[PDB]
Every structure is written in C-alpha cells, then in structure tokens.
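Next up: a structure with atorvastatin.
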Protein chains: 4
Amino acid sequence: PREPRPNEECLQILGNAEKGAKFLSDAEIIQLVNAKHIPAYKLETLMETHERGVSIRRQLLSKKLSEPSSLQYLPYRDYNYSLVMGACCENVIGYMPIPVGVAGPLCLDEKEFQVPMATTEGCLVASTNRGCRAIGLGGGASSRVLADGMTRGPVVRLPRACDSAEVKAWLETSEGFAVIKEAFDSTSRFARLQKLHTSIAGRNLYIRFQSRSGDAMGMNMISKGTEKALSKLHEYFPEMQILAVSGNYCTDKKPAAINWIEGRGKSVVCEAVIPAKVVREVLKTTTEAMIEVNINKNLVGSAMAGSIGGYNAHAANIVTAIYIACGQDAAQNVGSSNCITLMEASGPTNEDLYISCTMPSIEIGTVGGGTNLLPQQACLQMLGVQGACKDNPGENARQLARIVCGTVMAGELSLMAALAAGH
Amino acid sequence: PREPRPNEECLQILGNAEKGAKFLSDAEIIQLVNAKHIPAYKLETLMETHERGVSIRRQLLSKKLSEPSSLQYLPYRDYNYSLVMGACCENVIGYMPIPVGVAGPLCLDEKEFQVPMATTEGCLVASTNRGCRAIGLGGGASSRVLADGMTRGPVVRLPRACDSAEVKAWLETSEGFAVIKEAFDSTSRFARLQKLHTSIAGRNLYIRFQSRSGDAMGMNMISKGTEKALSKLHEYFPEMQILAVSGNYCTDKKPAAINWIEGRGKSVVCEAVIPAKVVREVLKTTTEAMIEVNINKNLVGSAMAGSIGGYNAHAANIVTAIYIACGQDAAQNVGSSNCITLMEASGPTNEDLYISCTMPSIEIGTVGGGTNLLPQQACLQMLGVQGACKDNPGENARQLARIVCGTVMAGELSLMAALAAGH
Amino acid sequence: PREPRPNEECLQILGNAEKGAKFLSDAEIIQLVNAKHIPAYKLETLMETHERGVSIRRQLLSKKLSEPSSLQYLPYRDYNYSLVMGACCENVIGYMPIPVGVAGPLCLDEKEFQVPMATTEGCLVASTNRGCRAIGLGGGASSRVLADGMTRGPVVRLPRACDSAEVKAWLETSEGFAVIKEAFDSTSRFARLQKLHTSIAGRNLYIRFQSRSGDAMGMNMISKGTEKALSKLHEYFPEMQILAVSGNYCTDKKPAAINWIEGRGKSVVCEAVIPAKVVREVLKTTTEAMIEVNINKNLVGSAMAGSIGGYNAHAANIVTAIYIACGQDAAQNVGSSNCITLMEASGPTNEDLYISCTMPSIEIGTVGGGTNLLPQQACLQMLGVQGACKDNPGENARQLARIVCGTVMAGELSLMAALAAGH
Amino acid sequence: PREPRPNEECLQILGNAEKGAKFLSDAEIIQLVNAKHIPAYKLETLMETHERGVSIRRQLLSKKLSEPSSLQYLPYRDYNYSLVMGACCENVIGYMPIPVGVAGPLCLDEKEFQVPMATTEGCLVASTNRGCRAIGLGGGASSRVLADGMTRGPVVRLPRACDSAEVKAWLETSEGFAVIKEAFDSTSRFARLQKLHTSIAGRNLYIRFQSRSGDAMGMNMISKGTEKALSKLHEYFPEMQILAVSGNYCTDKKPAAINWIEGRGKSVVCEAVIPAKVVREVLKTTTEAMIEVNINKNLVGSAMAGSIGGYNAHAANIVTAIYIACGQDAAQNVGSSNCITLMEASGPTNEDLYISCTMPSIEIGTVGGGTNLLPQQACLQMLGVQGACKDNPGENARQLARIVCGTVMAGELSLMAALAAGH
Ligand SMILES: CC(C)c1c(C(=O)Nc2ccccc2)c(-c2ccccc2)c(-c2ccc(F)cc2)n1CC[C@@H](O)C[C@@H](O)CC(=O)O
Ligand SMILES: CC(C)c1c(C(=O)Nc2ccccc2)c(-c2ccccc2)c(-c2ccc(F)cc2)n1CC[C@@H](O)C[C@@H](O)CC(=O)O
Ligand SMILES: CC(C)c1c(C(=O)Nc2ccccc2)c(-c2ccccc2)c(-c2ccc(F)cc2)n1CC[C@@H](O)C[C@@H](O)CC(=O)O
Ligand SMILES: CC(C)c1c(C(=O)Nc2ccccc2)c(-c2ccccc2)c(-c2ccc(F)cc2)n1CC[C@@H](O)C[C@@H](O)CC(=O)O
C-alpha cells in the first residue's frame, strides 16, 4: 500500500513541470483540497486529465454524503469534459444519460426527417410515431416561419413618470430609433434591431429589444446589443437608471401573454390533411369525434382552466424531448411549448381531418450552448441542421423550428385520437 | 469476409433454440428486417442482447440518413437498456449524456443537501452555488408543504346543460361524493379522493379529481382512479358521455391559472433571512437594491408582460436542471416552475434581506417513470429521498419538493443579486 | 330687488326655529357657505328642502366653472333626494337621465319577462329584441343557478412564512373552520360561511370568505362577517397582522382568474335550441355559419387575444344595460360579464342551433344600494323580483341572475347572427 | 266618458293631414297597435309628440305585466326624446335617473377640474374627494398621453395556413401596407391607419387595425375603414373569406391581454407626490403603511388572484361613474378600467408618498353616441372638453382621458389610505 505524504511536500511535486500530478495519489489530492491548497472548482485543469478531476470531485462529494455509495451508478468515465468546462456546466461529477428514441419519418415540406426524442416517458415516442405515420399517409405536412427574432426586455427607471413618457416618445421617433438601432447593431454582424416595443408603469420604462441572431438562439448576443443600446440611451437621458438588463419583459422562461401575442424567437404554423380512411384505420377513430374532442378539450377546457397559450394537448412533451435531444436549453420549453391546435372537417364531403398547429414563441438555435457537444450535435446532424448555414444565415434554426412544429402536430394528432377513441 | 445467406434460410437459424442469433451477422439481420420477417420495434428482444438490438436499429437508421455518419458520436454502448424497454422509451438508438453538476451544501430545515443539476447552461450551477452559500451564511432556509395532491381533469358531456347542472349538484352532495370517493379509492392503496372541483360550460362538465399518490408522481394512478369513478358516475347518469379522460382541466403540462390558484402536486413555501453584511460581501449588493429590483422586475415587469404564475427571475432553470438530474418528467416543468419570489427588509434596522419563494404546483415523484433508472436513482440517493418511504408514505416526494423550492430560492437570490449589481 | 344682510346677522335667522331658512335668499346662503359658517356637504339638511340644497350646491359650483352655464341642461328638480342622501351619493348636483328601452318578451324557464335596458348605444335594444324573438320561436330558454355566494378576500401577514403555513393548516381543520364559521355567522342571519379558500405568498396569507347573503348583493354583510372572523382568528394567533380587509383576492371589480375558476356571486348557465327554419328567417343566416363564427371568434379569437373569461361576443353590453336599469353597481360589470358562449349543431339532422351561455361570476342583488331608489325599483318590479323574497330568501336575486344570463344569451344570438350574415 | 271607435275608422282620422292624432284617444291608439295597423316601434313618429309615443308604449307594456303598476315611478315626462330616437335607444319607455355628485377640485397638469360622478354607491364621491384634496395639498398631479388609437380586430380565413402566412407576409411589406393604408384612410378625414398587428391561427388570420379618430370614440369610423380595407385586401387574395369584422382581436368589451400589452384607445400615466405631513393629516396613515398595502394588495394579491391588468384597488368605480356621467359607453369600462397603481417612498428623507397610475386602454370620446344628449353634454362642459376641438382634433378626448386617469389616482389614494388605516 502507501500513505499520504505531508502537506508542505506534495506541493513540490504538484509544481514540478516534469514530476507533476500522476505521481501524487487520490488521497494526496484529497488532502491538498481539504487544506485549501487547491480550489476544487479548478480540479479539472490542475490535474493530468479532466476525467481524473471529476473523479476527485466525486470522491470529495462522496465523503460528505449520508450514503457514501450514492454515486456508484452515476456514470462519469469516457466522456469528453473538455467541451463542457468553462462553457456548459460547473462542479461536474458526471453525466445523466437520457434514452434517445426516434420518431419518423416525418414528411414535412416535401422532405423526410427522423426526429430524435430524448425522454423517460413510456409510449411518447410510439404515439408520436403513429402520428407521423398518419401524416405521411395523408400526403405530408406543410409549415411556414411567420416571424423570427429573439428578445430582451430591460427595465429602466426615470426620476418621474413624465420623464419616462419623454423617453418613450423619443424612442418612438425615427431619429431616436435610428440612433438606438446603430448602437445595437454595432455589437455583432447578426444584430439587426427590429421595431421596439415599450411599456410604461409609472416611472419604470420596459423596453423590448427584438432581433434575429443568425443560427444561435440569441440570448447572449441580444443581451450584449441591449447593453450597448442602453448605454447610448443613457447618453441622451443622463438621469436614466438602468435597473435591470432583464425586467421580465422579454419574457424569458416564464409564462407571459407578451410572448403569446407578440411572438418570441420563431413563430411557426404547420398543417396537414388526413384522409377519412386513414383517420379510421391508423388513428382508430373518426373525423367528427376528433373535432368534438379538439373543441371541447383544447379550446373550451383550456379556456375553463384559464390558460394563456395552452390550447393544445401535450406540445410540451414533444418540445421537451426534442430540446433535450438536440442540445437546446430545456427550461425554454416553458415558453416554447405555447401552441394552439385546431381541427376541422375538410374535403368535398367534410369527411377528412384538417389539422393545424400554431406555435408563436419557439426559442431555438443550432449554434452555441448545448449544441457545442458532440452527442447533441449528432442529433442535430441526423436532422440536417447542425451548426451555422453559411449561405443563408439562420436557415438551419428556421428548419429546426419547422421540424419542431411538425413533430408537435404529429404528437397532437396521435394523443387526440387516443383520447377520442377511449381505451 | 462473408456474404448474406438467402432469406428463406436465416429464419431456420433464427428459430433454432441452440443455433440462434449470434450466428447470424448484422447484414443478415438487416436483410430480415427489410423483408418484414422481423419487426424493428422488437429488435431488442429477438436478439442475443439488448445492446445489439439498438445497434441494429442504429445501422438501419443510418442507411436512411443524408449523412450516414450522423450517429457516430451518439453513445449507445455499455448502457442498461433492460430498464428502458417497455417502460421509458421506444425505438431506442442510444442515450443523450447531460452533464451533471452539484450545487450545495443547501442548508434547508436544519439539514444539508447536495443538489445535482443536469444542465448545458454555463454558469447556472455556479450562480446557484453562490445563492446556496449566501443562504447558508444566513442561518439556513425553512420550508413547508402546504398542500399535496395530483389531479386529473376529465371532461364529460350531457344531453343538455340542465342535465350537466344536475350532475354537478349531485357531485356536490355528501352521498354522491361518498359513492364517487369509494369507487375512486378502490383502485389503489394510495388513492384517497379529496374534494372535487367542477366547472360547467354549457353541456360540458369538467371534473377535477385530486388525490395524494404515495411517493409516485401520480398521473397513472390518478388516471386509473378517475376512469373507475367515471364508470360509477355513468351508472347514475346513463346519458352521460365521457368525452375525454383529460379535458385540459387538470391541468397537465400547459400554463393554466387553475394550477396557480388551486395547486397541483405539491405546494411549497421556502424562506430565509440574509444578514446585511452577507448581502454586501457574498452577493456584492445591498438589501435596498435587491428589494427595488425584486419589485420592479418580478412583480411589476411580470404584471406588464401579462404573466400568470411567472412572478420570479428564473425558477424554470433550477427546476428543469433538478428534474432532468432526478428522473422527473421534464415537460412538467411547464407547470412546476410557477413561482412567486418576494423580498423585504427585515431585522431591527431593516437592513437584512428577507426572501421567500412560493411554488404552488410542484409536480414531482420518487418512484416510477424515469426514477426507475439507476443513474437517476443515484441523484435521488445523494439527496436521501430515493424510492418509497415505507414508514411515512409520500415523505420522500415531499422532501424532494422542499429541496426543489429551496434550490429555486438560492438561484433567485443569486441571479437577482447579479442583476441588481450590474456587470 | 334686495341685497345680502351682514354675516353676523343671517345666523340669527338661520337659528330661529320659526324664522328659519325660506326667509334667507340664495345669495345669503352663498355668503354663509363662503364664510365657512355652513359646510356645503350639509346643505341638503340645513335647508327648507333637499332640492334647495342641491340648488345651492349647483350655484356654488357654477361660480367656479370656466363656463358658468354648464349645468343648465343637467336636470335636478322634481327628484326624490331623500333616498339618496347618506345612502347613495354625496355632493349631489342633480341626476343623469339614461334612456330605458325594453327587450322582450324573453321566454325563460316557462315564464315571460320584459327586460329593461338602460343604454345610450343605438341598436343594442333592437338586436337583443331580435335575439329574444328567435329564442321565443325556438321554444324558450332554460337556466340553472349552479353556485351562489359573494366573497371577500382579506390579506393578513405573519412574522414568518412558516407561521403563515401554520395558520393555513389550522384554517383547514374542522375545529378551526368551525370556530371561524361561528364567529362569521354571528354577524347576521344570512351570514352562513362556506368552505374557505386560502393562498400563501411568503408570509402573506390571503383568505377568501364566501357566503350567501339573502337577496342583497352582499358586500357590506360579507365584509362585516369577515372583520368579525378575522378578530376571532387574531385571538388564536396574536402575532397576526391584518394588512387589508380586501387583498384583491375576492376579487372585486377587477379581472381575475379566481372569479372565473371558483365563481363569485351567482354562477349561471342558460341554453336554448333554435330550429333551422327560425335561424334562416329571423336570424338571416344558417346554423353552420353561426357555429363557424362562434368557434373562430368567441373561442379562437379570444384565445389569440389572451382573454381570461372573455369568450363571448358582447355580454358586457347586456350586463351593463340591465345593471344600470335595475340599480346594480355598474362597476361590477367588470367581473359580472365573464361569459363563455358555445354553439353546436343539434336535432335529428344536425340542422338546429344549440346555444348556451355560462356566466360564473354574476354579482347581483335586489335589496340595498341603488335598488333602494324608486325608479330602479320600478325596473326590478316589472321583472317580478323587487326586494326581499320572504318565503325563500335569495330567490329574487337568483331569478334576476337567471334573467341576466338569458338576456345575455339572446344578445349573443343576435350579434353573432349579424356578424355571420355580413352587412 | 267615451268609447273607442271601430278599427276601419280611426285610420281615416290617423291619415287626415288636419284631423290627425290628438283627435284619437289613448285607447284608440292601443286598439290600432293591437290590430297590427301600427308598428309599436314607430309610435314616437306617428304621434303628435314623442312623449305621447313613449306614453303609449308604456301603457301597452303595463297591460302585459303581472303588476300593472310597475312603471309608476319610472319617470318619462319632460325629457327630450328627439335626440334619442334613431340614435341612442329603441322601444323607449322612459329614463333612469342616476344621481350625480362632484369630486374636486382635481389639480391636474396645472389646471383645476370639477369631475362629475354618476353613482349609486354610497361614499364613493366623498372618498374620491378626500383623494383629490390630498393630491391638491401635494402640489397637484401630472399626466401624459402615451399612445392613442382605437382598434378593430377582424378575422379572415384562407383555404390553407400557408395562404394565411402569405397574406400576413404581404401585409408586413411596405407596399401592401401602403395599399391597405390608402384604402382605409379614404373613408374619413380622421382615418389614419397606423402599423398593423397580425396573428395567425391555422388558416385564420386576425388583423388588428388601429387609428386615431378625432374626438369620437372611434368604433363606427374604425369599423367603416376596416371594411373598406378588407375589400381592398380581398382584391389581391380572392380566395380570402371575411369571417367576421370583429374576431375578438380588438379587443372590444372583454378582458384581453392584448389591450393590456398593446394598448387600446388612449394610454395614460398620472403621478403625484404627497408630502408626509399631508399623508398623516388628510389620509390618516403613513407612507410606509401605504407602500406595504400597495405592494401586498395591488401587486401580490392581484398576482395570486391571477389578474391580467387588474393591479389596482378600485379603478372601475371611478371609471364607471365618470363614464356614466359623461355619456360614454359604460360597458367599455370592462377594458377601460385596466390599471396598475404603484406607490413608493420619495423626498430627501424617503418620507413622502410617490403615487402613479398607469392605464393603457382608456376607451373614450367626446363626440357621438351618448355624448349627443344635453344632460351628458353638461357634464362634459363642466370639464371644458365638450364636443370637437376644431384647432387640434382629438385634444378634448385626450384631456378627458387625462382627467379620468387623475381621478382614478385620487380614488386609489383615498381607498388605499382607508384600507391601510383600518376602521
Ligand atoms: C404516450 C402519450 C402521448 C399518451 C397517450 C397515448 O397517446 N398513447 C399512445 C401510446 C402508444 C401508441 C399510441 C398512443 C395516452 C392515452 C390517452 C387515451 C387513451 C390511451 C392512451 C396518454 C394519457 C393521457 C391522459 C391520461 F389521463 C392518461 C394517459 N398519454 C400521456 C399524455 C400525457 O403525458 C400528457 C397529457 O396528459 C396532457 C393532458 O392531456 O392534459
Ligand atoms: C447563470 C445565470 C443564473 C445568469 C446570471 C448569473 O447570475 N450569473 C452568475 C454566474 C456565476 C456566478 C454568479 C452569477 C446572469 C447575470 C445577470 C446580470 C449580470 C451578470 C450575470 C444572467 C443573465 C440574465 C439576463 C441577461 F440578459 C443576461 C445574463 N444569467 C442567465 C439567466 C437566464 O438563463 C434566465 C433569465 O434571463 C430570465 C430573465 O431574467 O428573464
Ligand atoms: C347593436 C349591436 C349588438 C351591434 C350589431 C348588431 O347586432 N346590430 C343589430 C342591430 C339591430 C338589429 C339587429 C342587429 C352590430 C353588427 C354586426 C355586424 C353586422 C351588422 C351589425 C355591431 C357591430 C359589431 C362590430 C363592428 F365592428 C361594428 C358593428 N354591434 C355593436 C356591438 C359592439 O357594441 C360590441 C362588439 O363590437 C364586441 C366585439 O365583437 O368585439
Ligand atoms: C367608498 C369606497 C371607496 C370604500 C371605502 C372608502 O375609502 N371609504 C371612504 C368613504 C368616505 C371617505 C373616505 C373614505 C372603503 C373602506 C375601506 C377600509 C376602511 C373603511 C372604508 C371601502 C371598502 C373596501 C373593502 C371592504 F371590504 C369594505 C369597504 N370602500 C368600498 C370599495 C369597493 O367598492 C371596491 C373595493 O372593494 C375593491 C377591492 O378592494 O377589492
């Protein structure tokens, strides 16, 4: 065996360029960390490899648990931590595997997709698959991006509500907007300020900056632009106080009517027509029953529950699964699952099922954040939308938004059919 | 090398008890699947091991992709698929690793927790950690479960709105409620029907069944009980038509005022007091600035955005990270992140920061679904709440809800301090 | 002519029992008021008649206007001010005439009503009349009161959120509720506390007391009961601070999801079936067009606008007109107009139009407040619901609520037909 | 006495130019109406005077009532019906007197107003008066109009959601908007189309036209412009179906988040600062208590109730009273009472009370509708805003909106002080 060497030593070895770590033992590193000679947060750099750093962190953590063996089945080895450090997570102690299933082919805008879904919910993928099959037999779905821009809603404060009114008026003129647009756009090549939306509350002024952001989701870029624009605004109104760069007016990761009404990120609509025969044989129901259930659940039931933007069956399921599979920020599902599902009779006999899904606030990107990790990049690649689209910036993010809407629609179709048919 | 054998053969080998798979090659299985002799969804059972089944599925999928090499960095090997089959996912082609960091210790109700957070969002864990530290220096946090029961909101339809009124009246009497409660409770040992909430819309009657469910999240159990109760109800009103077992009146996985006002799952409140000195040194701000930002962002900004239940900074971040780490259904964050954050001055000098978070609709469990997988069980175990609590059923789920609320509060504290301090 | 006498005199005459007012002139009273010898608010008592007091007030006001002749066409004479003083208005300077039309007969629950509507909106009464005619030809409407109780939502505050939780738990037990119910019910013969609804936010506890109130609208009585109950509650928790007797949790005269979901005042549903032929000849449209418009305006359009409880065409018009005619508090229309209108196909051929209106928060009374004035009492009397119903307390208020719902439904029918038919 | 003459006769007299009505008796007219020889709706024209026509209508109505004497105290005589016929009401049977009190002087934007309030709610005027006094002692209030335009939200339908997207895109271009603006503006001199707001839901397109309308409230003018613009739009997309001229997307007379977020009619902010001493002596409270109550009632209590736009104490009371006094459409209070009230500490010592009211959707006019009647014109005249302002069109409506906001603020101040002080 062996025993730890004193603390005063073991820094000699740590320092030595040749005789570095890989000569110390785990217990020795533990001792050095417990003595404050190393900061634990740095263990992945000050250590021969990154995996060993997370190992050390795990051992330290285990010592403080009531059940020391808790981490046994949390996997941490043979994972590329270099892409996570300083980018994606801190105090890393391993990774959480989420099973990934595949729904498809989804026939959307004359193409076919195979949609990865990371879920632990049994039967979700199978239900989505049945919906995909129904749509495919129906002659495919169609989608359109209606609007596109990520937003940031800072709140600033003036000495008096009259001053706030003055600032609002100045922002509404062409000259003031031009100045703010120039300041905002100077911060990046994709920063192209669109029309501003202001709201006063007493001496608080809430300003909603909106802009396209290439293929990135846009939060960092929009925030940077917002900060620069607010500095410029401060130049004209030195009494202005920037209270918060986010005033919950964006609105980011909270339910808000503003996202529903004005949009946030990408606004999409998708539609399909399902023949009567296909509704009978694949969905095991009828068009009339589907419409009845749609009206009395997604419209009237949501209305009685007091829903804003929740006029759908389970869009959040599909959205969350895809988001986790493709490296999106999963909290954003809060806003991104806003959807209204409509079903009607169609065809020369009113026997076919027309269905449409409308999702005004799909917050999504294919560059930056979680999309920088290879496993998530794989799921993006199987869709054909990985990374930046050099020719037509933002095209990959738009395509991913369309696929999200189409998959949500297939899921709606399937779950609605199941509810209408009974058990 | 070798070449595939005919299709008529290769079923002989597949059938043979001794000379089964493990004698066929990958190309041979591919051929059999393409000929419809095997259903692909069954590949994980009709194959020597489960891993090989997912391998076959992956190869089939790769053939249909525009970039055949897309799956290269999607990991699938050395993962226990036995627990996922028939429970958690279908058409499995691997798993998605989510980095797991640790925030803590969180000092909550006189105990210390180490909270796992699965995220790809940089700096989230560090910010939560700073909040945890502030709370810890402040003398710890306190929490209470206020209400507990999962809900299912079926919609039924009567011939006339007068009939719907009759059914509603009958449900409101002690005898009718007793009959329905007996029918509902007969379906499981944890099914204990609480008071019903009805809403009429014309001839549609929406009924919200609520009940505790042990340590499970409860959806399956509540749905089963609801179905039995609806059959019983049909016995008294044979003209009733059960339109959908879910009428969006639960409300499950959609923003709804009903969850905010009546609660869903567990309702929790947490609070702490942060000394002025700690607010200065750890949070790098002052109590007055924190209160100003809290009022003008979480209350007024959310009000101007038209938020229902979104009166907080970023509760969805913390909720989503914990949910993914601990095997919860992540779509449920849609409802579970509803929170209101309040900050006030406190102490003999009004210099200390009182903070409270209130979350009325935390949907959460520690048994069933994603909590059946070992990696997620590890994260549950490091909290001390894994599985069913035999002595006091539901205690582990309640504890997990308390920890969720406390972590959300630490996150609020940190992010609010950052916004108040500026860059 | 004549000239004012000194100020020191003119109080002699004012004081004298025999030689009182009616001997002073208008200018003399004006002088006394301007000298502070009389308070203007008392002019209607310290004056030979009430009309003369309002006359004096009018002259005083006229002197301070930029156009002294402004009041010329504001009528004030031959009106009974005795019933308004100390009850209904202060600083009275006349009355505002609102034209009153009559819609009907409305065939409701096998009876016929003639509904007075006080409006200045052209064509409202005629449109309501056409709707009434359609309903009448359709075999009349049917209605039910589903729930009944006015509410008051005080807010109280505890030292800590844990204390608030304790109070909430205590209110939820049978013993605590019994004590509170006794205290509340002791304050009047109609005060019968129903189940309480609580909501915590940090250390704020919001309590919604609900109760029937006879035939009165109930606000005064409910408030009195609430105050008594809060005193009783304070006895058990001496640290409780009653922050406000109304915490906007009632919710009174503001849009709130709580009124929509839980009800406030009376909850009513009304329905009718309109034969296809009648829809063609009276409404000048078809059933299919009516349903299409109903779905895509009252459901989907309201959903896209982010409406809570506004799933109807113009219920506020009818509600406001009736309320003003019948002496109701017209501000209450804010909550009382919440309505959802549903239309469906019906009959053996799906050719007839089924319509239903559901209004969960009709706040209404037939005693107290504006219902104490004779002109408003006349409008109540032509409906047959004036004053208290001695046999069956609250029956007149319930009947008035039913009539309101039925008239709203007729208005919906007519306006929807007009919109569907085009110009 | 006398007896009715046959029916065949009595039309001779009715017809005769010289020997017309005024020779027939009331019973004779009754007989002619009952025989269908006269339509009752025309009684006010085919009769010597208008008053006599309403008299005849009253007698007819009385015959059909269960209590024939119901109309006795409903006044109808000595009222100018000429201005109501064909403009304001139909089937008129009299008028409803509403007592009118006066609150003021209100010191607003360096001027003084005397605000008429038509109410039957006891103590409302006195409370508003106390608020006015506090504001006056505080150095007056200040207000600003932030935005101004009435809206109409038609809904149109396309064959497919892709077609709806095409129409939306075309409306968003400068050329399409120019064409629509020209068509819309051609219909009146005040019709000046501002930027359009569209929302898709499947194949439904909801278009929100907004425009200033002079001093009129604007509904009729905006509707006319909308119809013309929709015809023009139909020229480019012949497959478009105009489903309804109002799709509840305006949104008119329903609670909707869209009015809160985008505004409707006039958006106003008012503010004042109340010295500490004045808060003590007039309001009988302290600044700290006022702020506490404001936060925990108007913000947190409204949030817990799930309010959109109802973050105030009782703005609907003031709004309704003024609207009824000044001839406004009182149903519009539903949208016009949306308000947020904010209170803060202010001054060199944080002892003074800053208060602000923000009302984004004040729907109001001073021409047309109820403002055409002399009694309502009197109330408009005492404010100085009656009729059209020839120099600066719309200035009178803007001034009236400012006064409404200021009066609401005084009412908030008073009621909040009363709640904070207790009984
Ligand atoms: C798998 C999933 C889509 C599903 C199905 C289904 O379609 N099965 C499927 C599987 C394989 C192939 C084909 C179909 C059934 C489902 C529904 C009806 C009949 C059978 C299954 C349900 C489900 C919905 C509500 C319940 F109460 C219980 C279960 N669920 C769960 C949905 C749930 O998470 C969200 C939802 O509850 C939100 C809401 O409605 O408020
Ligand atoms: C890491 C995270 C909590 C964070 C911090 C922070 O506290 N940094 C931190 C990291 C390590 C240690 C200590 C602190 C800052 C943050 C905030 C202000 C100053 C510095 C960092 C932000 C963030 C918030 C809004 C922005 F526009 C940009 C960034 N964010 C991102 C929050 C975002 O996801 C949700 C939020 O936007 C929702 C909303 O407010 O509407
Ligand atoms: C008289 C009233 C009911 C009416 C009619 C009608 O039915 N006319 C009637 C009169 C006499 C006999 C029979 C019928 C028409 C109406 C509607 C369509 C065609 C003809 C008249 C409208 C009206 C509605 C929206 C407009 F833009 C313009 C006018 N209005 C005004 C309604 C308005 O106040 C509220 C509403 O706008 C709320 C909303 O929809 O958002
Ligand atoms: C007269 C009115 C403004 C008033 C006062 C007041 O200020 N009195 C006044 C009169 C004369 C001079 C000075 C002051 C008191 C009032 C409040 C507290 C103490 C004394 C009176 C109340 C009132 C409010 C809620 C209650 F439960 C009961 C009464 N009310 C009735 C308000 C009510 O309609 C709307 C409100 O309830 C909406 C809400 O809060 O949800």
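Chains: lettered A, B, ... by order of sequence lines. Numbers in chain A come straight from the PDB entry, and the residues shown are 439-861, in order. Residue numbering in chain B adheres to the PDB entry, whereby the residues present occupy positions 439-861 in order. We number chain C the way the PDB entry does; in order, the residues shown are 439-861. Chain D is numbered as in the PDB entry; the shown residues are, in order, 439-861. Whatever order the structure lists them in is the order used to number ligands and atoms, beginning at 1. The deposited model was determined using electron microscopy, 2.3 Å. Only heavy atoms go into these numbers, but all of them, side chains included; no hydrogens, no water, no symmetry mates.
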| said: Out of curiosity, which chain makes more contacts with atorvastatin (ligand 4) than the others? Name from UniProt, please. | reply: 3-hydroxy-3-methylglutaryl-coenzyme A reductase
| Heavy-atom contacts of atorvastatin (ligand 4) under 4.0 Å: other chains | C, D
| Heavy atoms under 4.0 Å from atorvastatin (ligand 4): which residues of other chains qualify? | C/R590, C/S661, C/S684, C/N686, C/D690, C/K691, C/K692, D/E559, D/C561, D/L562, D/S565, D/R568, D/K735, D/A751, D/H752, D/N755, D/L853, D/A856, D/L857, D/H861
| Where atorvastatin (ligand 4) meets D/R568 - atom numbers and elements under 4.0 angstrom, heavy-atom basis | 13 (C)
| query | Considering distance alone, does some N or O of D/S565 sit under 3.5 Å from an N or O of atorvastatin (ligand 4)? | reply | yes
| said: Below the 3.5 angstrom mark, is there an N/O of D/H861, backbone or side chain, next to an N/O of atorvastatin (ligand 4)? | reply: no
| message | Can you confirm, on distance only, whether atorvastatin (ligand 4) has an N/O atom lying under 3.5 Å from any N/O atom belonging to C/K692? | response | yes
| query | Which atoms of atorvastatin (ligand 4) sit under 4.0 Å from any heavy atom of C/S684? | reply | 39 (C), 40 (O), 41 (O)
| query | Which atorvastatin (ligand 4) atoms does D/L562 reach within 4.0 Å, using its non-hydrogen atoms? | reply | 1 (C)
| field | Covalent site of atorvastatin (ligand 4) | value | none
| message | Please report whether atorvastatin (ligand 4) has a polar contact with C/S661, defined as an N or O pair separated by less than 3.5 Å (distance criterion only). | response | no
| query | Tell me, which protein residue and heavy-atom name are nearest atom 3 (C) of atorvastatin (ligand 4), and how many Å apart are they? | reply | D/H752 CE1, 3.4 Å
| atom 26 (C) of atorvastatin (ligand 4) touched by protein heavy atom at under 4.0 Å | yes
| Any N or O of D/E559 closer than 3.5 Å to N or O of atorvastatin (ligand 4) | yes
| query | D/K735 heavy atoms, cut-off 4.0 Å: which atorvastatin (ligand 4) atoms fall inside? | reply | 39 (C), 40 (O), 41 (O)
Dump all N/O pairs between atorvastatin (ligand 4) and the protein below 3.5 Å as a table: atom names plus distance, one pair per row.
{"residue": "atorvastatin (ligand 4)", "atom": "7 (O)", "partner": "D/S565", "partner atom": "OG", "Å": "3.0"}
{"residue": "atorvastatin (ligand 4)", "atom": "34 (O)", "partner": "C/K691", "partner atom": "NZ", "Å": "3.0"}
{"residue": "atorvastatin (ligand 4)", "atom": "34 (O)", "partner": "D/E559", "partner atom": "OE2", "Å": "2.7"}
{"residue": "atorvastatin (ligand 4)", "atom": "34 (O)", "partner": "D/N755", "partner atom": "ND2", "Å": "3.1"}
{"residue": "atorvastatin (ligand 4)", "atom": "37 (O)", "partner": "C/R590", "partner atom": "NH1", "Å": "3.3"}
{"residue": "atorvastatin (ligand 4)", "atom": "37 (O)", "partner": "C/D690", "partner atom": "OD2", "Å": "3.1"}
{"residue": "atorvastatin (ligand 4)", "atom": "40 (O)", "partner": "C/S684", "partner atom": "OG", "Å": "3.0"}
{"residue": "atorvastatin (ligand 4)", "atom": "40 (O)", "partner": "D/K735", "partner atom": "NZ", "Å": "2.8"}
{"residue": "atorvastatin (ligand 4)", "atom": "41 (O)", "partner": "C/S684", "partner atom": "OG", "Å": "2.9"}
{"residue": "atorvastatin (ligand 4)", "atom": "41 (O)", "partner": "C/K692", "partner atom": "NZ", "Å": "3.0"}

